[PDB]
Amino acid sequence: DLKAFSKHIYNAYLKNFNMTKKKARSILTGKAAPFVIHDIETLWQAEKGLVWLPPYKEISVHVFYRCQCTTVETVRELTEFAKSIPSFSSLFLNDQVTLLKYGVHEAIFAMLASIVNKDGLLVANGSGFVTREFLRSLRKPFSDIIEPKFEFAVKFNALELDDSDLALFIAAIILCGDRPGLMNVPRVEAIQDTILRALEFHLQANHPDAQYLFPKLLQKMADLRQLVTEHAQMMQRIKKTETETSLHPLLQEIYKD
Ligand SMILES: CCO[C@H](COc1ccc(C(F)(F)F)cc1)CSc1ccc(OCC(=O)O)c(C)c1
């Protein structure tokens, strides 16, 4: 009943996300190799065929838009993921939307670490590997909202979670009971309570030697809330100073507050 729960969440995660941390760690290590993107030339080569939108303006903004395309696809998967949780789908549709609105970016940044290492991150289903040196090389606004994700991603991967753990972690992130405008708060805190109790139970079997892992994850959850807050501010500034830069409508609604 409680392991049936974690098993169900683990299947929805497997079923709804094309890139898992298992696949990702296979590619980064070398089981099988992706095409390295580290400057204008290699990005263009990847943009043709090889690896793979508004009109191309500059490099820093071109990456920005690719970030948005990736964000939009993950938001699609996370929506199907949340819906595959029967308890979730039983909330009223407007509560479902409030949960996703304030949850996806936290979840997205949590899952980013699965496809990241100290040197770069996988893109397009793992066919390419954008380097961190390149992303530091971008213009001053756009190179700022990427580096913190690495800093978080490296400290998150230090915990050595696997996909079975992450499925519950993400589910816990989405079913947050203190999201602004939630209609039926107690029902959401109840589901969240089941998820965390399932997560803590699962961490015992899967990580028998992990000292203080569950409380640490809960700390990572709060750290993600802060990363998203800081990420959102840079985005708003980008909206203000980069008046010629676009924002995909779906992302406009999420941040609309
Ligand atoms: C969700 C994955 O997207 C990023 C990965 O970074 C990439 C870097 C380079 C490239 C490519 F080289 F292919 F252009 C793609 C993604 C993670 S960081 C991020 C995430 C979202 C972003 O804006 C959209 C939003 O806030 O909803 C921005 C500006 C950055």
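Following the PDB entry, chain A residues are numbered 174-205, 209-228, 235-439, in order. Each ligand, and each atom within it, is numbered from 1 in the order the structure gives. All heavy atoms count here, side chains included; hydrogens, waters and symmetry mates do not.
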How do PDB records name the drug found at ligand 1?
seladelpar
Which chain is the chief contact partner of seladelpar here, given by its name in UniProt?
Peroxisome proliferator-activated receptor delta
Which UniProt domain of chain A gets most of the contacts from seladelpar?
NR LBD
